[PDB]
Peer 1: 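I have a PDB entry of nirmatrelvir (bound form) bound to 3C-like proteinase nsp5; a few questions follow.
Below, chain A is the first sequence line, B the second, and so on; all start at residue 1. Both ligands and their constituent atoms are indexed starting at 1 by order of listing.
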Amino acid sequence: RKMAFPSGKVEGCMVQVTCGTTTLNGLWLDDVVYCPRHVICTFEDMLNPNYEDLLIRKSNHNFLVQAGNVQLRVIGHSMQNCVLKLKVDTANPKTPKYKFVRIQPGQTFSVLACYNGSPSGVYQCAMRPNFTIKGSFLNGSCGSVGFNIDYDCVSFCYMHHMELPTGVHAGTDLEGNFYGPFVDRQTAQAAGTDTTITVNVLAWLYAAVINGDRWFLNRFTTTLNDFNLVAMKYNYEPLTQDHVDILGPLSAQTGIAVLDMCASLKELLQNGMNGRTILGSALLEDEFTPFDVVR
Amino acid sequence: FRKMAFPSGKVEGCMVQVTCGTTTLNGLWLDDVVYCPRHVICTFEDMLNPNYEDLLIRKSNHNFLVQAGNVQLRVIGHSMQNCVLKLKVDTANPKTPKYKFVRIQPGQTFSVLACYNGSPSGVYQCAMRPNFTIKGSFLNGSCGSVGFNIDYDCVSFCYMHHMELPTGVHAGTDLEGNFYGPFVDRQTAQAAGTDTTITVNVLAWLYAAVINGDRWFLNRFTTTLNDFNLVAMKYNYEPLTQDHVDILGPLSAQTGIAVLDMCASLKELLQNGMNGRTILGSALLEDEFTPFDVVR
Ligand SMILES: CC(C)(C)[C@H](NC(=O)C(F)(F)F)C(=O)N1C[C@H]2[C@@H]([C@H]1C(=O)N[C@H](C=N)C[C@@H]1CCNC1=O)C2(C)C
Ligand SMILES: CC(C)(C)[C@H](NC(=O)C(F)(F)F)C(=O)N1C[C@H]2[C@@H]([C@H]1C(=O)N[C@H](C=N)C[C@@H]1CCNC1=O)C2(C)C
């Protein structure tokens with residue numbers, strides 16, 4: 001199963017931020033609430049917001065921050081890229097051990113979808129090669145965050161800002177820098193063409209070998225370049241030498257050389273599954289990383 | 001449309017580690033009682049044919065080591081209720097949520113908090129299969145992991161994990177120790193029955209596809225409960241009941257597609273196949289969303 005991380009450590013950080021008539025979620029860590037800067041927009045500002053002008057007109061008391069039933073007093077504010085940082089007078093007693101990290105396409109994380117500062121659901125995600133997320137976000141979901149948890153340390157990697165016309169989602173890291181070529185502005189924007197994460201499919205095939213299945217193996221091999229020439233005809237990401245190195249330990253563990261597994265994937269794309277499933281799917285799954293597979 | 005689990009925090013604060021001799025698993029700590037599978041009192045030899053009454057009479061409180069993180073909880077009483085062991089402990093859990101023990105029906109969904117060594121590892125959303133198994137991911141030491149639903153404030157515990165069947169699917173009990181399915185907590189040959197697809201859930205997920213963008217599968221045709229159920233029997237789909245039709249009413253009202261109309265869509269989807277056409281994204285027809293789930 002594609003598992004999300006247990007969400008408790010993040011649930012204790014979610015709050016509600018309202019400015020004017022706009023309400024969204026904030027992330028309360030220590031004495032700072034992080035939230036998307038378009039909370040300071042009215043709907044007449046969405047098309048062409050001048051955020052520096054909108055923000056200089058705000059005072060601390062314009063920001064209503066609510067953690068459950070308690071209002072938090074905002075005592076300062078600043079803007080870092082596309083996020084607003086609200087200094088509050090109380091440090092969150094539920095702040096976990098945490099860091100901010102920027103992820104790269106192909107990497108996975110869990111999303112805690114929230115509305116009105118209250119958590120609604122959690123699911124596991126991958127950042128697509130085109131820097132979008134295939135999320136489940138509705139109105140009021142901004143400021144929901146993505147995260148990993150390693151040894152009780154929560155690494156925040158994503159904050160939600162918008163939905164693109166194909167139904168996919170775009171946001172920032174926790175320093176307010178967008179993933180991909182998007183802007184927090186309601187103007188015509190489109191996700192680039194989305195490709196399958198090849199190194200993740202290969203890792204997952206290795207996962208199936210470690211488990212019971214071998215039905216999809218074959219006796220062929222391939223050069224790296226012949227693999228890429230074929231796979232790109234199926235909208236698969238090109239496989240780099242870094243990707244090959246990364247699979248090395250799984251190759252070691254199964255005794256199947258990386259380019260032999262590449263030959264298997266080539267044949268799977270050519271043939272489909274013929275009514276079979278790998279692990280539990282009838283799809284070539286690309287939201288498990290090689291790092292995930294060892295764990 | 002993602003298959004989302006409930007936020008797990010209220011449950012994470014209840015997970016403890018329970019060790020009896022050389023056997024270690026997970027326990028659920030609520031107020032001053034720890035609940036866990038009774039086979040924790042078994043050696044990896046008792047498991048073959050245990051007499052649980054006998055093994056429990058031979059146990060004392062000092063046979064049970066319970067650990068909530070860094071803290072050892074002192075067991076001051078033990079009893080058994082069906083297939084679960086109840087260890088009364090020194091201390092009430094200060095993190096006990098509002099909670100209820102409930103028994104669910106095949107086809108209903110819940111979230112699982114997978115745990116190892118009393119420590120939560122991950123969370124995911126499940127359905128109780130018609131053959132009463134769970135298609136989970138559970139490894140050695142996962143026993144005592146629980147499944148749950150949350151309504152507002154209240155945690156409804158519905159599943160406790162006990163075993164893995166040879167198909168790689170899973171079987172457990174409700175919180176009162178009653179098994180789901182024709183299984184026993186004994187290491188002997190048992191097998192999952194022939195499974196089926198949860199028809200009312202597929203229909204719900206098609207309504208979600210309509211609510212969302214996808215409408216290609218819609219057609220002018222309709223069917224009967226009787227005609228559909230013989231299509232169902234042929235394809236290992238759970239038979240569709242008049243109660244299923246009724247609870248799909250909200251979605252039939254919301255989208256304008258009557259259930260026997262959507263059944264014609266489902267019937268044709270199960271014969272044309274899907275024509276390399278995708279629905280939400282799935283190649284197959286998803287049956288792990290309830291009508292309730294889709295409404296929410
Ligand atoms: C989809 C919409 C056409 C409305 C617009 N999209 C584009 O402008 C784009 F196409 F360019 F991306 C859009 O998302 N926004 C408009 C406006 C913000 C944002 C927004 O409303 N954010 C949400 C947070 N509570 C969550 C969204 C709502 C629906 N589902 C989500 O995830 C800003 C980009 C400042
Ligand atoms: C799979 C195994 C052959 C070991 C056996 N299965 C069957 O005996 C059956 F086929 F009959 F079901 C089985 O599960 N057990 C043997 C024995 C308990 C149990 C058990 O070890 N439970 C684990 C709890 N930590 C979780 C399991 C472990 C691996 N993955 C899981 O989920 C009892 C039924 C008393």
Peer 1: At a cut-off of 4.0 Å, which other chains have heavy atoms near nirmatrelvir (bound form, ligand 2)?
Peer 2: B
Peer 1: Name the UniProt domain of chain B that holds most residues touching nirmatrelvir (bound form, ligand 2).
Peer 2: Peptidase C30
Peer 1: So which bit of B:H162 gets within less than 4.0 Å of nirmatrelvir (bound form, ligand 2), heavy atoms only: side chain, backbone, both or neither?
Peer 2: backbone
Peer 1: Any nitrogen or oxygen of B:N140 lying under 3.5 Å from a nitrogen or oxygen in nirmatrelvir (bound form, ligand 2)? Just yes or no.
Peer 2: no
Peer 1: What protein heavy atom lies closest to atom 34 (C) of nirmatrelvir (bound form, ligand 2)? Include the residue and the distance to one decimal.
Peer 2: B:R186 N, 3.6 Å
Peer 1: Quick one: which UniProt active-site residue in chain B is closest to nirmatrelvir (bound form, ligand 2), and how far is it by heavy atoms, to 1 Å?
Peer 2: B:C143, 2 Å
Peer 1: Record the part of B:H39 in heavy-atom contact with nirmatrelvir (bound form, ligand 2) below 4.0 Å; permitted values are side chain, backbone, both and neither.
Peer 2: side chain
Peer 1: Atoms of nirmatrelvir (bound form, ligand 2) less than 4.0 Å from B:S142 heavy atoms?
Peer 2: 25 (N), 26 (C), 32 (O)
Peer 1: Taking only heavy atoms of B:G141, which atoms of nirmatrelvir (bound form, ligand 2) are found under 4.0 Å from at least one of them?
Peer 2: 25 (N)
Peer 1: Can you check atom 21 (O) of nirmatrelvir (bound form, ligand 2): any protein non-hydrogen atom closer than 4.0 Å?
Peer 2: no
Peer 1: So which bit of B:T188 gets within less than 4.0 Å of nirmatrelvir (bound form, ligand 2), heavy atoms only: side chain, backbone, both or neither?
Peer 2: backbone
Peer 1: What do you reckon, does B:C143 have a nitrogen or oxygen under 3.5 Å from a nitrogen or oxygen of nirmatrelvir (bound form, ligand 2)?
Peer 2: yes
Peer 1: Which residue owns the protein heavy atom closest to atom 3 (C) of nirmatrelvir (bound form, ligand 2), what's the atom, and how far is it?
Peer 2: B:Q187 NE2, 4.4 Å
Peer 1: Going by the atom numbers of nirmatrelvir (bound form, ligand 2), which of them fall below 4.0 Å from some non-hydrogen atom of B:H170?
Peer 2: 32 (O)
Peer 1: Out of B:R38, B:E164, B:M163, indicate the one that has the non-hydrogen atom closest to atom 10 (F) of nirmatrelvir (bound form, ligand 2).
Peer 2: B:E164
Peer 1: What protein heavy atom lies closest to atom 32 (O) of nirmatrelvir (bound form, ligand 2)? Include the residue and the distance to one decimal.
Peer 2: B:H161 NE2, 2.8 Å
Peer 1: List the residues forming the binding site of nirmatrelvir (bound form, ligand 2), heavy atoms under 4.0 Å.
Peer 2: B:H39, B:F138, B:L139, B:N140, B:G141, B:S142, B:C143, B:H161, B:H162, B:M163, B:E164, B:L165, B:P166, B:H170, B:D185, B:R186, B:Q187, B:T188, B:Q190
